[PDB]
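Below, a PDB structure including bortezomib.
Naming: A, B, ... by sequence-line order, numbering from 1 per chain. What you see here is only part of the deposit, and the contact count is restricted to that part. Quick note: numbers below take in every heavy atom, side chains included, and nothing from hydrogens, waters or symmetry partners. Each ligand, and each atom within it, is numbered from 1 in the order the structure gives.
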Amino acid sequence: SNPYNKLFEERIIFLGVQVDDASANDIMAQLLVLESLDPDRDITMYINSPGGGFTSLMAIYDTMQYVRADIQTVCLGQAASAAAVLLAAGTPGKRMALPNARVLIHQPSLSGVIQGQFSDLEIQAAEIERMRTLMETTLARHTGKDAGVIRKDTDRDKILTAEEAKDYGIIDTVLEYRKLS
Amino acid sequence: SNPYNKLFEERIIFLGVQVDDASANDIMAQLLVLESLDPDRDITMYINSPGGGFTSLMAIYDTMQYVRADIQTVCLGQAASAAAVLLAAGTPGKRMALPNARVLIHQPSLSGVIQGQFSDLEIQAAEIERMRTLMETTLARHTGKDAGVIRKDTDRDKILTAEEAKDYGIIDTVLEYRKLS
Amino acid sequence: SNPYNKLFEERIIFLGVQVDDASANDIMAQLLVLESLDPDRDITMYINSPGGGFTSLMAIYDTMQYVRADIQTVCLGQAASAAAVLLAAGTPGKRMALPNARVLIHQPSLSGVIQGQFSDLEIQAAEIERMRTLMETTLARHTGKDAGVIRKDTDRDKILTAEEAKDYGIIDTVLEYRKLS
Amino acid sequence: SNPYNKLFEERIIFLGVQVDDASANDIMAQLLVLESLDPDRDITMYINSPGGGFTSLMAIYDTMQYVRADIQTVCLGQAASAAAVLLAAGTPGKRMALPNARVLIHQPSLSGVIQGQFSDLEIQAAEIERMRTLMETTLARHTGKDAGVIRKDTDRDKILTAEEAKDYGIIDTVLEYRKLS
Amino acid sequence: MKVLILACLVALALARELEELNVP
Amino acid sequence: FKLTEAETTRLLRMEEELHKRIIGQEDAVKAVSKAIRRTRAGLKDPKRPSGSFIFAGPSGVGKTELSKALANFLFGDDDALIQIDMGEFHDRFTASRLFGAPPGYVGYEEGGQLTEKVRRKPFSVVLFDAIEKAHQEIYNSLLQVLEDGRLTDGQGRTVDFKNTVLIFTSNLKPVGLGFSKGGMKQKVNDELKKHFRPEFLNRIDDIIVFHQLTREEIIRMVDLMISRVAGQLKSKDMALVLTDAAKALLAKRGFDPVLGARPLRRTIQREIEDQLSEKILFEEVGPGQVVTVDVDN
Ligand SMILES: Nc1ncnc2c1ncn2[C@@H]1O[C@H](COP(=O)(O)OP(=O)(O)OP(=O)(O)O)[C@@H](O)[C@H]1O
Ligand SMILES: CC(C)C[C@H](NC(=O)[C@H](Cc1ccccc1)NC(=O)c1cnccn1)B(O)O
Ligand SMILES: CC(C)C[C@H](NC(=O)[C@H](Cc1ccccc1)NC(=O)c1cnccn1)B(O)O
Ligand SMILES: CC(C)C[C@H](NC(=O)[C@H](Cc1ccccc1)NC(=O)c1cnccn1)B(O)O
Ligand SMILES: CC(C)C[C@H](NC(=O)[C@H](Cc1ccccc1)NC(=O)c1cnccn1)B(O)O
Ligand SMILES: [Mg+2]
């Protein structure tokens, strides 16, 4: 067994890589297996991800909201873009983050230019607008902010230190070091 | 066993990747095995796909319509282009989608330019027209729309939220979260 | 075991990929093994191929004509160019196709330009002409057409729907869906 | 078993490669497994890394500070950029380095240009400034320097020989050769 | 390992009582 | 024989008399009550047994209790239930307890512990408790039992299992794998297809997958289990009376969908009849006194 197989025996999934469809289908497959192995024991989800992806975000957003088990998110070094939404998507009272982890909340973007007629670009922009409102509505029900506050805050990159990510509501506890180590 | 091997034991196939011939032959091989293991137990088909491919669409469209088992489609984060047709291609009463999954119905396109004489391009265009009518005839027998309504709706990209994809007829139930999680 | 290993236990080979020498030597190795395992039980050959290749076509054309077992071809989503010849190359009474599979019969081409002196190009063109006549002579003994009819029909791309591929003689039955599914 | 599997049985992890997210998630998975196998036995961490990465640094900085086991860092040939911070991040009294290992402490940089509006670049620069202060605050609590001294020292590349890396406070012992060898 | 012992009970080898032939 | 006027009315009351013990499980009762109506209307198949059931379902919802409510209905006690505890049969060779030893082996004279229970009582409810926990060819010895209606003894006597009602209570935690709306019976039905050999499933007359005990049925189950401790175990000139808030408190503590009626039974021996057993030994309330149970909080 790997370490990654050993953490999964203790119901811990790594996000680790960026949230694309390949990573989202991995995490959804891991969240549903861990739901079936013990639905009343908390899945822990370690997040060191640079973000990326919205449908892949909302694939593993909805799955960690679907499953019978409570999700404990732990931000390791980084939760940027989509991964900060997944960090807030843990169960309240859960959602740890290590003390030097940065949390980068950020409005949705298009990676590169997508061409098309203006009637096709009015739809790709009505979609990136409803991707923006869905990013802010999701992040408001998990941080307790007012979803126009998040639109003002995620208007640019807002890098949150873990101590000011629990003041923002992204996490709940900046988890302390166990032994001085 | 992987998680993907574990979901397949519970008769769940991921679409996951885009629908190309490599992915279509995988899903057809999975649909026929799950038909042979238990033909009277519902195959579930998880769809997080960005679409693509029409012959690869109609390869796994026809197979999930062929097999003795009812197909339960579940849109995870995305069912775009060909995958939205596969999402509607589930059994009626089945066809779930997660609440923040987008469904992108979309008329067939050519990825890039295909050259040729005009007598060769009158045939590639009579084919992309009958690919368009077959996309609309398939999506009309599964949504209950009138197939000219779908031509008006899929004239551009029509991104459907899951709540308005069951109003459209693509899915039947926006499936609720099990525990608050 | 994979699904592909499971279909091969039930004497089913996928064409799946395009017909090149790597795919042709795979299918010939699979056809000869399935001939040796049970020579009086029908090999099924699933065809979702975009075609390509003539010597690789006639490698697995001749092998599926060689073997003691009858070959049942099934067009999944596509049988283009060479693969449509392999689709017609099944045993008469066999040769199914799924209802939304397209069959693209097509005269042989050269992928890209091959240079040379004119005395070398008179031979590459006498070869692509006898590749054309061999494509039409093969497709006439399996469809019952008159081989000048096929020269008129495959003069351009002739995409056949499965319902009009049995009228053409490429397949014999458009195979019905088992359960509504 | 590999040698790398054999060193991990003796609770030794290699840093080895540069600190990116792929390497950080490996080391965090290794540090948490070795914490769970025996939390009161010292994890040794071999560092031959060229550095790189700040969130990946602070991912495995925080983990080696989190775990119940004391971390013994050993610089093999090189601890540059982030890896020198990880070298100082070992337990005091631990933190060896081989006699010809160089330690390159270095202020954070951006690999290549990141574009954007000036209001977006005021935030990427307020982040690389707080990445700089966090690099200096971390390296001051582990070397005993005054964190403005480190800003003066890491203003350029400061390559420390192991004998002058214990005078700097990065390591504690330049570990002697066992047998003349 | 899961080799069963097969008791194989014999039929009863038992004594016999006697009718006797009367004499003077 | 042609039925007494009383026995005719009781047998049309057979659902509502088996519901005096079985709370809920309505299609479970009217599948096993119809099997007795077939036997007594003279419509029993004279080759097939009278009833052949797999009472599959969740653990604790009344699989064994319906087999005991059936045996009390047909006999007057549930000690007339022939209960073969199939957890004892863990390997292939304990099938020699169903029909006894073959010739030339010890235990040949005793000739089976199921066949000889039915030679004495051919009209019997034969319970096979936890048939899933038998070996894969214990129940392959019952493939002539459930069509031909007889089992050949090791001594050489075919015994009539025709007038028996065979019951195979199989035992089939929260939600399964993956996305699904709501939240089941087809999961239990097809697990029988994977565990049991479908030769055995075709011989079963009815496969009944049992229901979750609803909260409206746990409230009725409180009244049944308090009726155990009073009247049979409080024949000490003591009377046990529960207020309607007290039975509501027991139902709110004993109700978990996934187990059913044993967490209620563990609740009553944690709230009621262990606090009551401390009050009898201390003689706070003792013999010759009516106990009322007010609600605690
Ligand atoms: N339907 C029921 N009616 C009355 N009491 C019930 C019922 N179901 C459960 N109980 C109570 O809980 C006990 C458990 O019922 P039963 O013995 O039938 O369990 P079971 O369903 O066979 O479970 P298992 O899977 O463990 O065999 C009963 O003896 C009774 O006290
Ligand atoms: C903050 C959350 C919402 C995610 C952030 N941005 C997005 O929403 C991502 C950014 C992205 C990633 C890859 C390719 C294109 C765009 N948006 C999308 O995935 C996306 C997809 N289709 C249309 C529009 N946006 B993150 O990636 O910065
Ligand atoms: C909506 C369904 C029908 C599928 C959508 N479009 C198509 O039909 C796809 C789009 C596509 C994908 C890959 C390469 C070229 C073209 N069309 C085809 O596959 C295709 C293939 N041959 C000729 C014409 N179209 B999807 O890919 O946007
Ligand atoms: C019925 C089939 C054979 C018709 C078409 N295929 C071909 O003609 C293929 C396509 C191809 C592949 C490689 C190099 C050149 C050409 N023809 C040949 O294999 C080929 C090979 N050598 C000389 C001439 N043609 B189809 O696949 O487009
Ligand atoms: C000394 C420690 C802090 C690490 C050193 N520098 C950094 O902090 C690294 C240098 C680096 C590496 C890869 C890609 C881009 C930038 N900083 C970062 O990783 C980084 C990441 N996001 C924004 C700004 N800096 B090392 O890489 O020279
Ligand atoms: Mg029981």
- Query: For bortezomib, what are all the matching ligand numbers or chain letters?
  - Reply: ligands 2, 3, 4 and 5
- Query: Which chain is the chief contact partner of bortezomib (ligand 2) here, under the naming of the PDB entry?
  - Reply: ATP-dependent Clp protease proteolytic subunit 2
- Item | Contacting chains for bortezomib (ligand 2), heavy atoms below 4.0 Å | A
- Which residues in other chains are near bortezomib (ligand 2), meaning a non-hydrogen atom under 4.0 Å away? A:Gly52, A:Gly53, A:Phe54, A:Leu57, A:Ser81, A:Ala82, A:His106, A:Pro108, A:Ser109, A:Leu110, A:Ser111, A:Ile128, A:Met131, A:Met135
